[PDB]
Amino acid sequence: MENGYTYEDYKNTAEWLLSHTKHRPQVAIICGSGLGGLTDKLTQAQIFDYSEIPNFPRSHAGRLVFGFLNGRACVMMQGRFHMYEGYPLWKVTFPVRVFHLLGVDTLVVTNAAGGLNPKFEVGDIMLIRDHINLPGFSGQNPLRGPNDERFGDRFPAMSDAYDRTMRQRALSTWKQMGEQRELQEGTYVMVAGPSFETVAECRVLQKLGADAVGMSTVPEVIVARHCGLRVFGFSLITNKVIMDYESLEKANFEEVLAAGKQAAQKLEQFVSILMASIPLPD
Amino acid sequence: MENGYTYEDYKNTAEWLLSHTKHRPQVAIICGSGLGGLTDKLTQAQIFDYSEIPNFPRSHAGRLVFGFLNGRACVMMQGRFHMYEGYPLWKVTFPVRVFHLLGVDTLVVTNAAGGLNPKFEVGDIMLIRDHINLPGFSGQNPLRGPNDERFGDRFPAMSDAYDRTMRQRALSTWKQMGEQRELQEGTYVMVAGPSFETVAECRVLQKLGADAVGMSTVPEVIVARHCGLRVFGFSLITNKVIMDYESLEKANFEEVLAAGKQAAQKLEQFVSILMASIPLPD
Amino acid sequence: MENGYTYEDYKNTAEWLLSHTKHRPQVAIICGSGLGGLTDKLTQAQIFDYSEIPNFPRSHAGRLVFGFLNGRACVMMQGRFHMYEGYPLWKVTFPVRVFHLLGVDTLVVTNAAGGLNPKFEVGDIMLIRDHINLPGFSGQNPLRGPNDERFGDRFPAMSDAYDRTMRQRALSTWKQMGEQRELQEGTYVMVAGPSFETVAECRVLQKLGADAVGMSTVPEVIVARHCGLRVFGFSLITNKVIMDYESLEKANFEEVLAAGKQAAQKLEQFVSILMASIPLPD
Ligand SMILES: O=c1[nH]cnc2c([C@@H]3N[C@H](CO)[C@@H](O)[C@H]3O)c[nH]c12
Ligand SMILES: O=c1[nH]cnc2c([C@@H]3N[C@H](CO)[C@@H](O)[C@H]3O)c[nH]c12
Ligand SMILES: O=c1[nH]cnc2c([C@@H]3N[C@H](CO)[C@@H](O)[C@H]3O)c[nH]c12
């Protein structure tokens, strides 16, 4: 196997963008679950369809939106590419690399996830302190292939992927919104989906020590870290994954969208305020 | 990656079959381990080689056998396609989908498996109450790719894959055969094989909570469920998988065939009687 | 998927080698981490670049070195092919099969690994008594595909992969070198890399019962066993994999090379002496 892309391609995508916009973003945001709205908190918002950008994986609704969120230069991904849609991981995470070359130095990723930790409840937000990359164990790692040392090393470390500074500086930000539910922290486990877990699979993931399970994010994290970006991320718990054979309930997408729009308020503000904890550059 | 097949192909395979036979099957049966004989309990038996069916994956001995088992309209698969033979999962489970379009509404799958639960013994039959899909965690899920909503949803649920009604209605059926060994129930774990587990791997699968391990079935289950079929399945425990470094014994295929023919009687009758618990349609 | 190679190709590679050298090796050695030096303990050393050998996977520095190590006919692989470089496993393990056809009957494999067992320390050598093949669970097994019974069976066993005789006969050899650190024994877990484990991943691998984690070896083991070779292997623990969020340390490649050259002495001698415990043939 190898990456369909050459260093020149990432480069060429960045230069194209660097000449179709004035924005010089510092922060990449990859939204999942009702952070769709974030668009309207941006100002000086310039949209580009994925379809117009040279080299961009080809989905539908997908766009890059540059602008300012709370005095920070951002680029947000609206719509993303998942492994379960059949993309190889080197297309899943193509954008992260285009970001690094745009000059971005931080990544914020968010997602929906089922809660495996029994404490959690629908609506909780969980900070990601760590991950378990199950597709990665088997070979599905976005860095598989020849390494380009213009991005990073052959063997990067992931023990420190999720910036400790950003995690404290996001706990602070939660107090100063006065919330009833407390901010959660924990391990996100990636699995490839697209079907949902059995009870027995749920039990497996709880025994491994995961707190939430989704079908994204980790690969973009690994590529971010390979590149030198600072990473911060979190999960909206949209459902408590089913764990006994008694329950007549079932995980479904209505539940996930339902919950997404429910936290739409909470989140856009939460992320928007977090912008101020991101140190400027120079 | 994507599926080599278009909705039109599945369709075209079904119509071909629908015009080469009078049978309008309600129940699909996918046999493993000495359910080879089931053929001769069928009546009005019409055979087709896999080789003659348009689009069918291409193996050797493989045939589709339509007919009546105990007053039910069946189609049985004799020989199946495994992941370890190098088939992509969208060929492994092509038949399940052809089945749905033939009008089938139930699936019965069976297989050989090593016993991980220490209770079990060679010759035991275990009902499948749940599975652990290890290839699925990593990306090897037969639904990977664009979803066709003519079969089902993007994100189907698997918490209820194995029909509870059918499982009670199969416990009943066991009493009324007067058996010395009791009917087992449990989690089947799929792994890709084709080599057999180490002791350390055995220990891993026991800690995850599996009761039996085979190299098939799960993918056909996931595709069945995606489609709306009712699913029922079980495993013939052909060997107690090796769990300490003391034993001089080793898992082997003679053991599996040996056991298969040993339960050939038990099983054909057991499945044949189970036919009456399958509610008719309309 | 299938193997790019035909039985004829392996064959053709062996015959080519059988006519470019007088050596008729009995023992294959696949070195990792500062067994680079072993070259100079060989005598009558004949080198071949990978680049000149028909059919050999194509990397850089890679060579086959035939000769005598302590009165045994060897062939050593200097440089090997990893899964994380993007090779399919049937190229990763092409050489093992060329070895079998050269007449080799034993395989010795070594590697670097992170220590998961808290007992271990940097510099320890651990014998491999067993493995956990995580890529294998998911489908990444080098035997995936049609079986050739000229090498072995459809379904070989791995419960006895690591020769018990060789493991005792290597414990002996350790006494008779008078070492302060004792020889370790344990389960090696393969994961695909190339990134290093998170803390949460470390915890997972410890709970599964692994003692060390690397990104090689297992596939060559499975193919060796499929073929009938005797296998013996071990790991140089080059780093204690990070297991709590407190530590400011991080796994890195300098640490691995650092440690490799540190045991270069210890190992070359250790392997060289082990040669005498390998029974001759006939
Ligand atoms: O309960 C769950 N189990 C497995 N995956 C998910 C996710 C997935 N995480 C992915 C990140 O966006 C997304 O595509 C979504 O479908 C949300 N909830 C659950
Ligand atoms: O002890 C075992 N370990 C792993 N797999 C299997 C199976 C596999 N299950 C598959 C379902 O037919 C079949 O191809 C068979 O080889 C039977 N016994 C064992
Ligand atoms: O701490 C670790 N974690 C995961 N893999 C490795 C290895 C890997 N094992 C592989 C066998 O040579 C090699 O390429 C190396 O990078 C050494 N140490 C560690």
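Chain letters run A, B, ... following the sequence lines, proteins first and then strands; every chain starts at 1. We use all heavy atoms of the structure for the numbers below, so side chains are in, but hydrogens, waters and symmetry mates are not. Per deposition record, X-ray crystallography, 2.5 Å. Whatever order the structure lists ligands and atoms in, that order sets their numbers, starting from 1.
Drug at ligand 1 (options: diflunisal, forodesine, clorsulon, tiazofurin): forodesine. The largest share of close contacts with forodesine (ligand 1) comes from the chain named in UniProt as Purine nucleoside phosphorylase. Chains touching forodesine (ligand 1) with a heavy atom below 4.0 Å, listed by letter, come to A, B.
Counting heavy atoms under 4.0 Å, the binding site of forodesine (ligand 1) comprises A:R80, A:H82, A:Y84, A:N111, A:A112, A:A113, A:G114, A:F196, A:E197, A:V213, A:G214, A:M215, A:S216, A:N239, B:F155. Here the heavy atom of the protein found nearest to atom 7 (C) of forodesine (ligand 1) is A:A112 O, 3.8 Å. Counting atoms of forodesine (ligand 1) from 1 in the listed order, those under 4.0 Å from a heavy atom of A:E197 are 1 (O), 2 (C), 3 (N), 4 (C). Taking UniProt's list of phosphate-binding residues in chain A, a heavy atom lies under 4.0 Å from forodesine (ligand 1) for A:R80, A:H82, A:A112, A:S216. Of all protein heavy atoms, the one closest to atom 1 (O) of forodesine (ligand 1) is A:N239 ND2, 2.8 Å. Looking only at heavy atoms of the protein, atom 11 (C) of forodesine (ligand 1) is closest to A:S216 OG, 2.2 Å. The protein non-hydrogen atom at the shortest distance from atom 9 (N) of forodesine (ligand 1) is A:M215 N, 2.9 Å.
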